Protein chains: 6
Amino acid sequence: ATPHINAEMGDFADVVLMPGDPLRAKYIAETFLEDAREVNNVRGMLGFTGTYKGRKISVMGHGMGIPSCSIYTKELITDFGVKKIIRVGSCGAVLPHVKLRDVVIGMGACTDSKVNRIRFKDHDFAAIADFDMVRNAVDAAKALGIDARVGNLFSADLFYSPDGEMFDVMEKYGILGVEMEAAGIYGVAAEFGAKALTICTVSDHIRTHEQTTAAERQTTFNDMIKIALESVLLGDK
Amino acid sequence: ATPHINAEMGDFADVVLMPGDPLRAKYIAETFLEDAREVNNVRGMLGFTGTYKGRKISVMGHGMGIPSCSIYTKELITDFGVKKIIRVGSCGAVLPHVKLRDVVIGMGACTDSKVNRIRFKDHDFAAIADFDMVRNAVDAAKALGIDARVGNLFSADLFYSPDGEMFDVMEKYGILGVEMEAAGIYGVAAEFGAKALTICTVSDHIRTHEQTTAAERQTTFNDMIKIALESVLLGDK
Amino acid sequence: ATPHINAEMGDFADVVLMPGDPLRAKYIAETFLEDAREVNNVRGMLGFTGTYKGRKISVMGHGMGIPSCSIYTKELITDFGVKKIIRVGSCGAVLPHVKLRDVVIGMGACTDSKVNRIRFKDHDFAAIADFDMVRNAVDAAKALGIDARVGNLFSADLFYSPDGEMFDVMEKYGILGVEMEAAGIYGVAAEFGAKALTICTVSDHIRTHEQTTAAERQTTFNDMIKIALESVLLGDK
Amino acid sequence: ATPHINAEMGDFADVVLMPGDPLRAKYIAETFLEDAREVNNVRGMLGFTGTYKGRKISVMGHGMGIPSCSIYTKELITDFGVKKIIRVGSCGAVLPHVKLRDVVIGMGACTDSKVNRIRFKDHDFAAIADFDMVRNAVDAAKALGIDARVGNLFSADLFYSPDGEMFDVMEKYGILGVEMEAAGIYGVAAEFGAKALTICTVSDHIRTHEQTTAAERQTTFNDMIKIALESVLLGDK
Amino acid sequence: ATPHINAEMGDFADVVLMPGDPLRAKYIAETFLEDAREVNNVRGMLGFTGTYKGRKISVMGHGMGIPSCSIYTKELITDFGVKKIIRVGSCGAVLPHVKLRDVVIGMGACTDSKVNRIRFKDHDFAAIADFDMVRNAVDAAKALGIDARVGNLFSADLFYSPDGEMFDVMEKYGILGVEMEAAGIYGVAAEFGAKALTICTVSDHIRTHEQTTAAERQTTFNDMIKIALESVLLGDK
Amino acid sequence: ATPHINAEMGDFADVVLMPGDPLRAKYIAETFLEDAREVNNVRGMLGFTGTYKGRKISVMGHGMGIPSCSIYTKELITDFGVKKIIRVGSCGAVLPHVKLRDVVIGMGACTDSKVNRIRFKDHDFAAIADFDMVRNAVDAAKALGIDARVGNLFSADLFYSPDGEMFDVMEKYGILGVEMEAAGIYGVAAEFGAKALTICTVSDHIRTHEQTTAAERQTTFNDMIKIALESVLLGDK
Ligand SMILES: Nc1nc2c(ncn2COCCO)c(=O)[nH]1
Ligand SMILES: Nc1nc2c(ncn2COCCO)c(=O)[nH]1
Ligand SMILES: Nc1nc2c(ncn2COCCO)c(=O)[nH]1
Ligand SMILES: Nc1nc2c(ncn2COCCO)c(=O)[nH]1
Ligand SMILES: Nc1nc2c(ncn2COCCO)c(=O)[nH]1
Ligand SMILES: Nc1nc2c(ncn2COCCO)c(=O)[nH]1
């Protein structure tokens, strides 16, 4: 057991899907995993382990923000033998060509957090995904008929930013999605020697846009999770 | 409703107690509040409203880390008419004279987060509590026979810090407790014109120490919550 | 003697009031202290010691700016047995509701200086006053019929600021007054293990217009000094 | 013509290979391109254009360092219709498992430069390659029987580093190679809307000893260039 | 009249010598000038105007630290038509071969203050003296047969520095003397369009606590003042 | 031999002139030296040793940017006994009264590079030329009847800057010319214990795109080279 995960070595798979919302983790275990077992309830951060087409997989919430996901991803890697982390989340879009419900794969993650500067003697650490995990996700997406965009995320510390003009800078430099975690997760992965990917679904456009139905949101969420789960299987080959 | 709180104006009191763990919020509502009603379940971030000696009070989890609590505290202030936030949490101690189970009241909060630099044109924002809220808490504590320490907290972005030497610096400059929120909460309070306090209970000593029993932990947790609730009543006079 | 104070252990009380202006130190000694003797004149930075209602008290100028007041407060603390510093100064207001001749007590002090960053490994140190000293001052002011405002000061390095967009930021984040010392003094106090407080009168409204008073000013100035001295008596018990 | 390239629209292919050394640009043109013509000689920064298996391709030196390669890559992109830049360089290894003559592909590039901070409002920009270009390179290398390592480079401003404690940090965080350009090139590509990739061969092991090879070196260098050119053909479809 | 100088346009010469100590400004007025009249005593910051071999010259204390001297130098430039400022101060040596009582001429000034960063968008402003003023002081010192070193001062905010290791860095980079003003004065001269120079004499070693007497200290204090005044005469031709 | 210079101890003079363009190093060797022999051509960075009125003098390109010239200047100092470096380059003007073809002498160099911050614990290192070298160049220019301004250069990392507003700041603070090297050269000279100066001629205005011809540009290019070489002769006496 670790201070935030009441479990023991072997309760988690070597791959963990992590949505921000622990209620989404439960949904994932019910909908996609066979023979599922609850492995964590500390602080209501529900975590599960089961199988997907024979492959042992875990899914657990990480909570909002770099500091929250940095705790869980760290403890998973150092105490539970976890090798790959796939964040499966939502993000806001700044580019007009990026649409609601697009699947974005974060090969890199910009951030306004200081955590990687603390790690890296105040220089620029390029917070990146594991490349094979990126390609696995792109290929899984293509096999399912979904055309994912690959590029930079921006991991924001402040959801309610006082710096509105920063969204124009994000747009200018090609940022595909704004979320709150990737750069933190990629930093932990590099610190402790494991591998990470963040896949996000565009749930907001910080420009116009219109909005979507609950049936549409569920479909793309399911698509994202299919992409994550199938990407793991490609990775094992 | 706000993107993280499915509720409407008047569902929350103008004062909200916020532990990090939403399961502790439920415990608080059951143990101390009368006529309690659940007002939030979005992402499992359980929130409640009831009364304590006649006074309308709410209690809701904020999750770990500045970015998480910054979302909830912001939405509470701007959309739910909340005026005072009392964080009620745990912290690690660096000073040898500060003991397990001490109640620490954060008149200020140091941080290694960048959020207040983003707010404050990269200068030093002294993240502080509201003074009356501090004194209310000190007086409530004294009336209950608990002798609280008042001073600086340190709000860390990284629970698992790669910068071990920073704990010696914290010790040198008098930091009473290490937690993950206060500076963020105090920043939001200043940004949006409300008032905040963080009270913490020492649950770890990052030096020796020994440890405690579950009965002892529950007692001091209850003491902290009594201090928070009674402080509110002094504040209304 | 230290390189900036030509005096010996015992020549100062264990509490020192400190205006910026050494001429105002003489004003204070002469007006409020009995049996007042001059104890320093190096660089014209007049210091005095006498009694206020039987209690040994010193008053000495600190000069303008963090680097100046950091020298004097340090040497007082480490070489003259001084345990409490009370800065008694002027400040400029940025908030509309803060008026000329309001007494403001600096519970915390923001700054654009780098001194606390140098001390605190480039993180945010919340430069705060001693809590008991703050509440002694509030109570001493209440006994005199004055309602002191307690909150954040801003300690500026540049009196003539290159750009005044920073005043709008100070105003947004609730800064009560702008002066040039508090954050430095609170830093020294934490570095060297003593207690400090800054009390200021509002001399100027940098916002507006700036409609003026008489003197009047001088009676409000005397009220600040009386608050300081009476707060010391409260602190003694 | 631009201030650093004496050539006209059409003189370059829409893809440019770029070594640091202009003498190596001539090596590449001469060895790998048919019908190769020199298209630039301003400041001795030789550029050439010819064909590789019927495909129009250019190769031109960029000089050592971010500021040098930022000039050439920008002018190529905005004035010569260039859509893809492939840096083909050397780098120093810090990881034990990374050997002399490993081909490393810079999916991301860390840096101690300030150029991306200047672009990105002092936040962390993750300087990344174009994903498709990265996977074209990996596949081109696999077809040639080479197992390219994909990960982070470090783009240093100081070849002769003031202190080498930074190499241990690079090693802890999984940096595959140290060179002087990639982060700058990836920044320009994102600023001006083009695509870029850095491929390097390991010329040195800054860690150890550093036991040596023959040339051999030169055949691994030719493999890098063949990977680059073949990746372009894959990218064309 | 300005907020810190009770005097009028004409009371000061167009050149002002400024020691930190106002009492040394007095000694200079007594010892070197004739028809010396006091033109300022606000806050005890004594200023004098007189003549040196018939040349109108002023001399006024600036207080300790960047913020203090920035106030007085600014006011002198904007409201009293002062064109040139010559600081005549003490400094500490960090180089073993710079001996007590050496005269140092600050052609540049390093600093750990943030004031020039605030002026210069957080980039490196090289805080430099006026070249002709530097040349004049080198020639005045030659003509009087006095040894004088030209190079970098370091202007510190903390006389009592918590970072002793920084002195090794100053040593490493050839810093001739550590004082508390020059970089601030040179930034003010640049901002408000005047000219400045800092001359200092080494009154101790940071490393040691080495010994002299009141005969030599004043004769060397007098050497610096002669250089300064004679350098002005040369500037006039 | 060093990694970027194929030559041996003795092949260079103790003084080296360095333009950025190696082809201008060639023109200088042809036009001004006698018995000129090529001593370096690695990476095409042409270096020549010869004599000027019997004085042994070398001249070698340094490439564009701080990182490039830091490599070559370091190697020259540590392995070829070079004592003095004189950069002879072009710059852009930001002051309207600094005209095309003006000669500028960089007594100091501002920068937006991080290299000196890395050397100087993130404080402000005033990057300065050697005073005697500056004096020699002022006197050489006087004796040849050439106008020459002394003050601050700004050494930029981005020739193509995304922050146009910074040019207004450079203007505000008297920056005489914008180039890409001086601050880096002056930092190298300080770190490795040699002497340096940067002289430049203004080849355009950042603001405008103003016009000249090949007759005047070379005659002014020649003016700067004469100053540099004659300044060395003066230094020898
Ligand atoms: N900052 C930010 N984070 C987001 C957005 N959408 C999703 N995330 C990341 O999820 C955490 C917030 O619910 C957005 O629009 N902005
Ligand atoms: N960084 C840190 N945060 C703590 C500690 N104890 C409590 N907190 C704050 O609570 C969030 C982590 O569970 C501690 O020891 N270190
Ligand atoms: N920076 C600043 N300092 C002040 C102000 N008012 C008083 N002080 C303190 O400086 C005292 C010297 O005038 C103000 O408006 N700004
Ligand atoms: N900074 C750095 N650059 C390198 C290294 N190896 C190759 N390069 C790229 O510089 C090419 C010029 O030698 C290295 O070990 N460090
Ligand atoms: N910071 C610093 N300043 C000095 C020293 N010596 C002289 N000065 C100049 O100002 C300090 C006045 O006491 C020193 O040793 N350190
Ligand atoms: N950054 C910059 N450098 C210049 C300019 N003019 C000359 N230099 C010196 O190096 C640039 C060579 O093209 C300019 O306008 N900007």
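In what follows, chains carry the letters A, B, and so on, assigned in the order in which the sequence lines appear, proteins first and then strands, with residues in each chain numbered from 1. Determined via X-ray crystallography, 2.3 Å. Every heavy atom of this structure was used, including side-chain atoms; hydrogens, water molecules and symmetry mates were not. Just so you know, ligand 1 is whichever comes first in the structure, and atom 1 is the first atom listed for that ligand.
The drug or candidate drug modeled at ligand 6 is aciclovir. The chain that aciclovir (ligand 6) touches most here appears in the PDB entry under the name Purine nucleoside phosphorylase DeoD-type. Other chains, heavy atom under 4.0 Å from aciclovir (ligand 6): D, F. As deposited, the model links aciclovir (ligand 6) by no covalent bond to any chain.
Residue contacts with aciclovir (ligand 6), taken as heavy atom pairs separated by less than 4.0 Å, involve F:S90 via backbone and side-chain atoms alike. Checked against a 3.5 angstrom limit, the closest N/O atoms of D:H4 and aciclovir (ligand 6) fall inside it.
Remark: among candidates D:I71, F:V94, F:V178, F:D157, the nearest residue to atom 14 (C) of aciclovir (ligand 6) is F:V178, based on non-hydrogen atoms. Of all atoms in aciclovir (ligand 6), numbered sequentially from 1 with element shown, those under 4.0 Å from a heavy atom of F:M180 are 1 (N), 3 (N), 10 (O), 11 (C). Those atoms of aciclovir (ligand 6) with a heavy atom of D:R43 less than 4.0 angstrom away are 12 (C), 13 (O).
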